[PDB]
Student: 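Notes on a complex, oseltamivir carboxylate with Neuraminidase.
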There are 4 protein chains.
Amino acid sequence: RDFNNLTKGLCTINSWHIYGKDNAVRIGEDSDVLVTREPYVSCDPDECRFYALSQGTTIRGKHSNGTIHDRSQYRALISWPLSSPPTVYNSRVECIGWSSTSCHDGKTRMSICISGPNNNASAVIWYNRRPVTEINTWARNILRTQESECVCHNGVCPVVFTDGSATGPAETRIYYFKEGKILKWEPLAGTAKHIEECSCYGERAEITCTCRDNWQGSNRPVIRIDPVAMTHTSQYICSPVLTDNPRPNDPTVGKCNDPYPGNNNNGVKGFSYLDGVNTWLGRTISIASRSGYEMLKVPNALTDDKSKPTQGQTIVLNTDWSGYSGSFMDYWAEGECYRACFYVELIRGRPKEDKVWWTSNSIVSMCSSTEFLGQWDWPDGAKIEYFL
Amino acid sequence: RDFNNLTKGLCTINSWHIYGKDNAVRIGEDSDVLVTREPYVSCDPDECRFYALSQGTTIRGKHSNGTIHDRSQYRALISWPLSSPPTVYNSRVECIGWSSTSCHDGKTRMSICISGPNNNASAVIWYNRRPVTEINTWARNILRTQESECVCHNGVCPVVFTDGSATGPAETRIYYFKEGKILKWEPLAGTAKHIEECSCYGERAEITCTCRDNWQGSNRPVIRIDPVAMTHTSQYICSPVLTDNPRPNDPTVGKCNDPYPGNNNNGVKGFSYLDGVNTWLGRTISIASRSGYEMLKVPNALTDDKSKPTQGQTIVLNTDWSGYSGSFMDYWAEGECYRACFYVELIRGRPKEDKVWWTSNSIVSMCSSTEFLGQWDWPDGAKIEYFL
Amino acid sequence: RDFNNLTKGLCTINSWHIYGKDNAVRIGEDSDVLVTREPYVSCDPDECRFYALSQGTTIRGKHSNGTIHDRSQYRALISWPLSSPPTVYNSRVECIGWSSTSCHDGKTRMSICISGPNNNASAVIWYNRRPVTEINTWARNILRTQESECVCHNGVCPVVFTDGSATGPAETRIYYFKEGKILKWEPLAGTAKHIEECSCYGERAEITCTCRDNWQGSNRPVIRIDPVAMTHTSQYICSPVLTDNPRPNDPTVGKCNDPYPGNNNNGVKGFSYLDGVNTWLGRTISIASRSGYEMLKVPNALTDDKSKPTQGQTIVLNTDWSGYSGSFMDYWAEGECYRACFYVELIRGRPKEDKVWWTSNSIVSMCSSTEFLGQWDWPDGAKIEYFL
Amino acid sequence: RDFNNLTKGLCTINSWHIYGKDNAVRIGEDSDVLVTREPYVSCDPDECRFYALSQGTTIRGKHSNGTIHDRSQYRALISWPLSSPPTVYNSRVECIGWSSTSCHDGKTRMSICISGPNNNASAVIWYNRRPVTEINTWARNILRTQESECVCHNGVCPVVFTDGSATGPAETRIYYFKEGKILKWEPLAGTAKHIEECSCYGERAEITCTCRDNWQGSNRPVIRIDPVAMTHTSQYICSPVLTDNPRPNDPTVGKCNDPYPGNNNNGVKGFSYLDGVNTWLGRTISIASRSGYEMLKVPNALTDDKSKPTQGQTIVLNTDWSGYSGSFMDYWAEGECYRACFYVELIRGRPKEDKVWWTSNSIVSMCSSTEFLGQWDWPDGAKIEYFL
Ligand SMILES: *[C@@H]1O[C@H](CO)[C@@H](O[C@@H]2O[C@H](CO)[C@@H](O[C@@H]3O[C@H](CO[C@H]4O[C@H](CO[C@H]5O[C@H](CO)[C@@H](O)[C@H](O)[C@@H]5O)[C@@H](O)[C@H](O[C@H]5O[C@H](CO)[C@@H](O)[C@H](O)[C@@H]5O)[C@@H]4O)[C@@H](O)[C@H](O[C@H]4O[C@H](CO)[C@@H](O)[C@H](O)[C@@H]4O[C@H]4O[C@H](CO)[C@@H](O)[C@H](O)[C@@H]4O[C@H]4O[C@H](CO)[C@@H](O)[C@H](O)[C@@H]4O)[C@@H]3O)[C@H](O)[C@H]2NC(C)=O)[C@H](O)[C@H]1NC(C)=O
Ligand SMILES: *[C@@H]1O[C@H](CO)[C@@H](O[C@@H]2O[C@H](CO)[C@@H](O[C@@H]3O[C@H](CO[C@H]4O[C@H](CO[C@H]5O[C@H](CO)[C@@H](O)[C@H](O)[C@@H]5O)[C@@H](O)[C@H](O[C@H]5O[C@H](CO)[C@@H](O)[C@H](O)[C@@H]5O)[C@@H]4O)[C@@H](O)[C@H](O[C@H]4O[C@H](CO)[C@@H](O)[C@H](O)[C@@H]4O[C@H]4O[C@H](CO)[C@@H](O)[C@H](O)[C@@H]4O[C@H]4O[C@H](CO)[C@@H](O)[C@H](O)[C@@H]4O)[C@@H]3O)[C@H](O)[C@H]2NC(C)=O)[C@H](O)[C@H]1NC(C)=O
Ligand SMILES: *[C@@H]1O[C@H](CO)[C@@H](O[C@@H]2O[C@H](CO)[C@@H](O[C@@H]3O[C@H](CO[C@H]4O[C@H](CO[C@H]5O[C@H](CO)[C@@H](O)[C@H](O)[C@@H]5O)[C@@H](O)[C@H](O[C@H]5O[C@H](CO)[C@@H](O)[C@H](O)[C@@H]5O)[C@@H]4O)[C@@H](O)[C@H](O[C@H]4O[C@H](CO)[C@@H](O)[C@H](O)[C@@H]4O[C@H]4O[C@H](CO)[C@@H](O)[C@H](O)[C@@H]4O[C@H]4O[C@H](CO)[C@@H](O)[C@H](O)[C@@H]4O)[C@@H]3O)[C@H](O)[C@H]2NC(C)=O)[C@H](O)[C@H]1NC(C)=O
Ligand SMILES: *[C@@H]1O[C@H](CO)[C@@H](O[C@@H]2O[C@H](CO)[C@@H](O[C@@H]3O[C@H](CO[C@H]4O[C@H](CO[C@H]5O[C@H](CO)[C@@H](O)[C@H](O)[C@@H]5O)[C@@H](O)[C@H](O[C@H]5O[C@H](CO)[C@@H](O)[C@H](O)[C@@H]5O)[C@@H]4O)[C@@H](O)[C@H](O[C@H]4O[C@H](CO)[C@@H](O)[C@H](O)[C@@H]4O[C@H]4O[C@H](CO)[C@@H](O)[C@H](O)[C@@H]4O[C@H]4O[C@H](CO)[C@@H](O)[C@H](O)[C@@H]4O)[C@@H]3O)[C@H](O)[C@H]2NC(C)=O)[C@H](O)[C@H]1NC(C)=O
Ligand SMILES: CCC(CC)O[C@@H]1C=C(C(=O)O)C[C@H](N)[C@H]1NC(C)=O
Ligand SMILES: CCC(CC)O[C@@H]1C=C(C(=O)O)C[C@H](N)[C@H]1NC(C)=O
Ligand SMILES: CCC(CC)O[C@@H]1C=C(C(=O)O)C[C@H](N)[C@H]1NC(C)=O
Ligand SMILES: [Ca+2]
Ligand SMILES: [Ca+2]
Ligand SMILES: [Ca+2]
Ligand SMILES: [Ca+2]
Ligand SMILES: [Ca+2]
């Protein structure tokens, strides 16, 4: 096997087709499904799998009580076959911890899990299913990373981490790994003022990450990484189509180099594909809560501060719960271009549905089509009353 | 691996032997078995598997309530090891949707799943477990396909789809795929007036599909496909042994080029092997309901409008529930001829057994013998009262 | 891979060591374990597995009620990893039916399952996990076979079948298979008057089967097969150490060519290793019921009508339930000799334990040692009161 | 594959990072998790797995009652994927018995399980998943072994066994195996007065075992084995940092060649890494019970009778239950040195938590870092009240 190189561009995105869906919460009402959150999707050369952070209990288990909580000793990064649910019996543990990323470099997979108390967390970098490198907290305040796949180019897999305040300036670092070893790291540069939970994809030897400004911004910060030079830039999506949550209503002119204000100290992980006219943004439909999900085609969103939608697709109705969302692609597919994909975490339980004592999610995932396909909506599908 | 070619003829069918049976409904009374319907069987070069459309819940799960319904966002094409039940933990998801087909071309497998609302459905064609092609609804009325295996020849895998009314003229298309790409499609031609749910098999470089005329016909339409020329014909089985359900009583002369009338706007998926004197037809024993199942040897059924049975075999007693049935063969077996096989879907629950709130099925499957074997009957075997 | 040849002799048997044990009934009290009976063990070149006839329900399932019954449409030959229990999720179905045998020829495995009603049963012979040959009932009275592994030599795998009365003369046949095809069959010859359920092993190009004379004999019939010549002999074990069940008390002189009388129309599957002074016989400890199990070293049991034990080993106490027992060996092990092995079926439930409505078993299995090892006893270990 | 050679030294241990954790007791509250104790970890060249002695029942099963008991016929050595729980459906049985060890020699794995009654136990040595050698009890008093991984060098895998009193002189033997055969055995020599449950690791062609003096010593005996010469020495850890449990308070001067007295006839399996200044000792935090766990860096512990800690790491708080602990390494990892690893058995249930009727455990495991990482604590995490 050789290291994968990002030699292709994105396929033209004219619509999105259904790729995977696990129905985990429906199925786990009566089967041994692990409680999760922070899911994602990631491909190896021969298989694509679902990933998430387990809470180390089943949904129906008494230990599901309290699983709104983020960072326990009972969490792990797990993977499981595409569109199956994360069960006790089919879930493979990649590493232990409560914040993660993972990617395949074409030879083997790197997985990163962070664990520890808030003031003393550490990353362990796994390569070829063995621990290779460890990184201690630099700011002693919840060292944390992407919660979706990283991307590699010629063996170099950049990863974005943050350590420090979630509601103020923090210390974000881009690490450049190869075979699980640190080649280099850099502090965040450019005009993004706060970075969380980057969602990344690669094309033509450039990695683009769309992140969450949890501090001030309802526009999303974007980091663009050159994995050969091992350098990067940052800015915000210029478009007035604002894509964090919660957020203010859309203005007519956005901000390229500044957080678009109105909402502080909150957000949600999200993603975009930023490719000139072939630009699509995901967001919650609601401006107030993690409900609904839609894709909007917003030509030149990254660079055009008045760019508005020219096309769209509803993924999840506004009357259904959504959650995190992130990018991945099958870098090992056939053909001449990389097909954009994404997932949405469909959160069930607390805090929105507090008649149950748990928090979990299921997954829906879609990839782009060059057709203009009909749209459906893809809810979680579980009846919460069944769990009472 | 090279593409499989249909170089052999059918083995002489003198009786049917038991091939597989999953007992899914019996076993799922107390284990984590998924609710299904629309099952089938399909072989790879090294393994044969059961397939079906999951309902995204277990039988015993509270989400089983309402699973009579056909087309939800919670359905997927699943496969699982031959004669095992479709469990949460052993079922592999092929694609998401509520109508499907799948076949192996000798190199890898193509799987097709259709999803969406009634007026905006789309097919996604998977090849080598990756999405390759998408097809939008052309008639905006429940785009839909075979619900059993397709067949390939030298890499060309024809698939029959219908879009439009189920009770009137519709727009049926034969698509010719290779490596998940569209080579060609053609509208239905010939004298079949309505096509649903084709059941196909191949021999000597010809693919024969027996389908369901849901509109007017209680004789079954037959499509015969030349996968080299990528052309086809259609007609009806001429025999007065009528093989849809519900149906009128058997006449003494059938119809070759016209629906045999008497029952409108209903049917059931079924199959036949049409091979001169080596012709066997499957049907429900009941003319009114999906109960019982039998095979009848009906020499020259396709072409002889007075052909009557010369031999038969009971598969399921008339006092037991049946369901859909379809053809498959192990194209990769040893020997000089292709052994005809079929499955029967043994539907349990609604609408016939409405003391439960679910609908599911198990599978029985048989292949032909050159012996004249003794017959048994093969019911589902679950006691519905246990589920109350 | 080449066909295995029986080139080695038996290892000297000085005691028996524990080989496998599944604890199935203990574990299935609270996990999804299939009801079984008629278990055995059989090796492939790279793995040894447990086998049995499923009843197509879990123990705890409501469908367990009635599983004393032998021959339903819901039974199948299953295999599963050594010493695991037969679960819904780990059990591989080899074929469908209610009487079986299976063996690996060094290239691939042959599995045979018989199904049907009593007057119309048929064997299907599977090779390389595909059906190849079918055999119809010749006597129309419960066509049936070994219920333990067959043995192969240079691709020829003899199998013993019986069809006809269980309490009178019947029609026993030795079939010689190769690649699942019939080379030859012969009717039983020699002085055994009735044959059931043969337990076989091979050494130095001879296959020895110890069987059950269900009609008149409490000594066990022995068939010895030359798989090159495809010929056989039969007689009884001459020893007065009688090894069927139920049985009369041991006399001082047995019978070589005649059933030893006293008990009619009953028996149990069992086995022996017949190798001159290296001869060991298994039997129930009880003369009346399937309770206890012991191995006795009985030099020249086959040929010496006064041979008595010189050594022994208790396997199951007389205060614990036993069941069927049978021979197998790992023909693909290292070293200079074939290590004798056996299993005992530990039957629980009906008819002996009729406060439950089911019948099932677990498995214990032992292989020979050239040491003189200490003995333990190996009960099933489940508490029946837990299942009430 | 070639036999692994112990060519590398230990990596510098500056802290410990989380490696694996199964959360078995939390998860098994509502899934089919086997009851275990005596767990460990062991690597093959391509995978690292958890191991333990099953009790042949699930936690939630009624057969969990009585599982404080050590030596039943229902126990087996099982392995399962790293950080998964030991479930009915994912656990592979290595051999049957109630005391074990296992190691991979670079070509294949050797597994040893001892079974039998107290006065007549026997070891079966498995190699390449087949039984090869058997050893009968020599002292007729609970023949028993390591309960953690053995280590191999050029195919020679030494194993320590004890037979005889647990509270007095016993007969300890070092066996040297290759391909599951006995090359040699030696009686214990040197100044260790009693040996139980050795925990071993290899580096630079030397194997170091830290064991449990159950009779008189609260310092741990150490056996050092030359696997080329097939010879060994024994002594005690000289350090006054005493590491058995229960134990007296730490003195200021320990004992090199004598048990450090104060506590008799009890202990716990434990481990150390003894590598000059790079020496780390594990122990319970409590001197009275199996509660808490910590690692202490104790330069020259083996040889310096006044050596005290220079660094440490808390693994399990003193308010949480611990248990056995043992060493393993991934001998097949990349890089220039062997990374020290260990596990801790987190015992739940009896005798400490006697409102439940069972005894089980989960596993936590850590490996060394050359960083100085932040510490967390890693409890079992189950709420016992949930099981009432
Ligand atoms: C079968 O399935 C097919 C395929 O899915 C279905 O067809 C799809 O139908 C949907 C639903 O209609 C479409 O999605 C919407 O797309 C529009 C964009 O397209 C419109 O606008 C285009 C651009 O117009 C401008 O520029 C052009 C030139 O470039 C100029 O010509 C024009 O005059 C104008 O200045 C038009 O080009 C486009 O027309 C084309 O397509 C038409 C078909 O759609 C066709 O009829 C025409 O002939 C022509 O070919 C069309 O007019 C998106 O704008 C829209 O998204 C907005 O609306 C939804 C609610 O519906 C909302 O959730 C979105 O967030 C977004 O609106 C919010 O954000 C805006 C931006 O800031 C803001 O301006 C809005 O006020 C609004 O803001 C509020 O809500 C947000 C969210 O809660 C909040 O944050 C704010 O604060 C505020 O509160 C949809 O995405 C698909 O594109 C369409 N697909 C295809 C291929 O056709 C079909 O319907 C299905 N069939 C059936 C039978 O069901
Ligand atoms: C051990 O197992 C073995 C193997 O399975 C069992 O043996 C099997 O036994 C079964 C049951 O008997 C057989 O199935 C039936 O087969 C007949 C066909 O064979 C008969 O007819 C043949 C053709 O006769 C005509 O042509 C020949 C020349 O070609 C001419 O010679 C003759 O005079 C005549 O004109 C005969 O050749 C054949 O004889 C041969 O075999 C005999 C053994 O069976 C033997 O005795 C002879 O010596 C000779 O060798 C024999 O007479 C099928 O017709 C039949 O199917 C009809 O009946 C069932 C109900 O039983 C029904 O469900 C079917 O749908 C079908 O009848 C319906 O459809 C007809 C066609 O339209 C219609 O005409 C009928 O009125 C009827 O219609 C009604 O019901 C349907 C369905 O609900 C409904 O839709 C309509 O509207 C209407 O209401 C069975 O398939 C096996 O062939 C046989 N197999 C073998 C190899 O022998 C054996 O019994 C078992 N042993 C034990 C002890 O149990
Ligand atoms: C640690 O583990 C070790 C290893 O397992 C344990 O040691 C084992 O201990 C057991 C139990 O004692 C032994 O099993 C029994 O073995 C005897 C056979 O050995 C005896 O007889 C030998 C032959 O004697 C004759 O010939 C020799 C010359 O060849 C001649 O020298 C002699 O005078 C005589 O004519 C002796 O050689 C042998 O001695 C040797 O070994 C001794 C140790 O055992 C040692 O002390 C000596 O120094 C010497 O080296 C010894 O005397 C079997 O006969 C016996 O089986 C019978 O009894 C059991 C009940 O215990 C029964 O279930 C069996 O079915 C069988 O008896 C039935 O069948 C007989 C045959 O028809 C019949 O005659 C009996 O009346 C009886 O029949 C009744 O019951 C059956 C069954 O219900 C029913 O069907 C009938 O109708 C009727 O009702 C046991 O198998 C092991 O061999 C032994 N192993 C080893 C290697 O030592 C050790 O005990 C454990 N340690 C501890 C501390 O527990
Ligand atoms: C973020 O995470 C990081 C990384 O984990 C956390 O930092 C870690 O913090 C912990 C907790 O403090 C440290 O663990 C302890 O380490 C000490 C050893 O280090 C001390 O001593 C060193 C040696 O001192 C001696 O020699 C030097 C020269 O070699 C000489 O200079 C000196 O004067 C003296 O003679 C010092 O070098 C060392 O200083 C260095 O590090 C300091 C940071 O820790 C730093 O401040 C300094 O500048 C300098 O660089 C330091 O002083 C262990 O001794 C200690 O273990 C004892 O205590 C615990 C309870 O805490 C107990 O459980 C242990 O068993 C042990 O004490 C028992 O055993 C002793 C030996 O027999 C006995 O003497 C004691 O009385 C006691 O015995 C009793 O209990 C036992 C157990 O129940 C019982 O059996 C007996 O019978 C009796 O009842 C801890 O292991 C880590 O080393 C440290 N790691 C790092 C890299 O810094 C950080 O805190 C986290 N951050 C936050 C914000 O939480
Ligand atoms: C700690 C700040 C961080 C990003 C703002 O919080 C995240 C927010 C989350 C959220 O908004 O749902 C859930 C994440 N599991 C959590 N991350 C961690 C590591 O706890
Ligand atoms: C039909 C006669 C035969 C041997 C005597 O009966 C066997 C006895 C059995 C028994 O004695 O326990 C159980 C077997 N499952 C049964 N075989 C079949 C095929 O039903
Ligand atoms: C028999 C003595 C031995 C070591 C002291 O006892 C061990 C103590 C144990 C303990 O201290 O927890 C549990 C072990 N399972 C047990 N070993 C066996 C084989 O029973
Ligand atoms: Ca924000
Ligand atoms: Ca019809
Ligand atoms: Ca008998
Ligand atoms: Ca359950
Ligand atoms: Ca001690």
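Chain letters follow the order of the sequence lines: the first is A, the second B, and so on. By the PDB entry numbering, chain A shows 83-470, in order. Note that chain B carries the PDB entry numbering, so the residues on display, from first to last, are 83-470. So for chain C, numbering is the PDB entry's, and the shown residues are 83-470, in order. We number chain D the way the PDB entry does; in order, the residues shown are 83-470. Whatever order the structure lists ligands and atoms in, that order sets their numbers, starting from 1. Recorded method for this deposit: X-ray crystallography, 1.8 Å.
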Student: Counting duplicates, which ligands or chains stand for oseltamivir carboxylate?
Tutor: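 It corresponds to ligands 5, 6 and 7.
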Student: Note the other chains with a heavy atom under 4.0 Å from oseltamivir carboxylate (ligand 5), by letter.
Tutor: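 Heavy-atom neighbours of oseltamivir carboxylate (ligand 5): A.
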Student: For atom 10 (C) of oseltamivir carboxylate (ligand 5), what is the closest protein heavy atom, and at what distance to 0.1 Å?
Tutor: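 Nearest protein contact, heavy atoms only, for atom 10 (C) of oseltamivir carboxylate (ligand 5) is A:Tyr406 OH, 3.1 Å.
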Student: Counting from 1, what oseltamivir carboxylate (ligand 5) atoms have a heavy atom of A:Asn296 closer than 4.0 Å?
Tutor: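 Those atoms are 5 (C).
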Student: So, is A:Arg157 polar-close to oseltamivir carboxylate (ligand 5), with some N/O to N/O distance under 3.5 Å?
Tutor: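 N/O-N/O distance under 3.5 Å: no.
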Student: Looking only at protein heavy atoms, which one is nearest to atom 7 (C) of oseltamivir carboxylate (ligand 5), and what is the separation?
Tutor: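 The protein heavy atom lying closest is A:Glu279 OE2, 3.6 Å.
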Student: Provide the number and element of each atom of oseltamivir carboxylate (ligand 5) under 4.0 Å from a heavy atom of A:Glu120.
Tutor: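 Near A:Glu120, meaning under 4.0 Å from one of its heavy atoms, oseltamivir carboxylate (ligand 5) has 13 (C), 14 (C), 15 (N).
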Student: I'm curious how oseltamivir carboxylate (ligand 5) sits relative to the natural ligand site. Which residues UniProt lists as binding substrate in chain A have a heavy atom closer than 4.0 Å to it?
Tutor: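 By heavy atom, within 4.0 Å of oseltamivir carboxylate (ligand 5), the UniProt hits are A:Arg119, A:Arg153, A:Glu278, A:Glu279, A:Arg294, A:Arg372.
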Student: Note the single closest protein heavy atom to atom 20 (O) of oseltamivir carboxylate (ligand 5), along with its residue, its atom name and the distance in Å.
Tutor: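 For this ligand atom, the closest protein heavy atom is A:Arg153 NH1, 2.8 Å.
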Student: Strictly under 4.0 Å, does any heavy atom of A:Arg372 approach an atom of oseltamivir carboxylate (ligand 5)?
Tutor: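 A:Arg372: in contact with oseltamivir carboxylate (ligand 5) (<4.0 Å).
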Student: By number and element, which atoms of oseltamivir carboxylate (ligand 5) are closer than 4.0 Å to a non-hydrogen atom of A:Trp180?
Tutor: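 By the 4.0 Å cutoff, the relevant atoms are 19 (C).
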Student: What's sitting near oseltamivir carboxylate (ligand 5)? I mean other ligands or ions under 4.0 Å from that drug.
Tutor: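 Found: none.
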Student: Relative to the heavy atoms of A:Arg226, which atoms of oseltamivir carboxylate (ligand 5) are at a distance of less than 4.0 Å?
Tutor: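 Per the distance check, 1 (C), 2 (C).
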Student: Under a heavy-atom criterion of less than 4.0 Å, does A:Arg119 contact oseltamivir carboxylate (ligand 5)?
Tutor: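 It does; at least one heavy atom falls under 4.0 Å.
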Student: Hi! What's sitting within 4.0 Å of oseltamivir carboxylate (ligand 5) if we only look at heavy atoms?
Tutor: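 The heavy-atom contacts are A:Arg119, A:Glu120, A:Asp152, A:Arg153, A:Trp180, A:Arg226, A:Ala248, A:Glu278, A:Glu279, A:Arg294, A:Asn296, A:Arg372, A:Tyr406.
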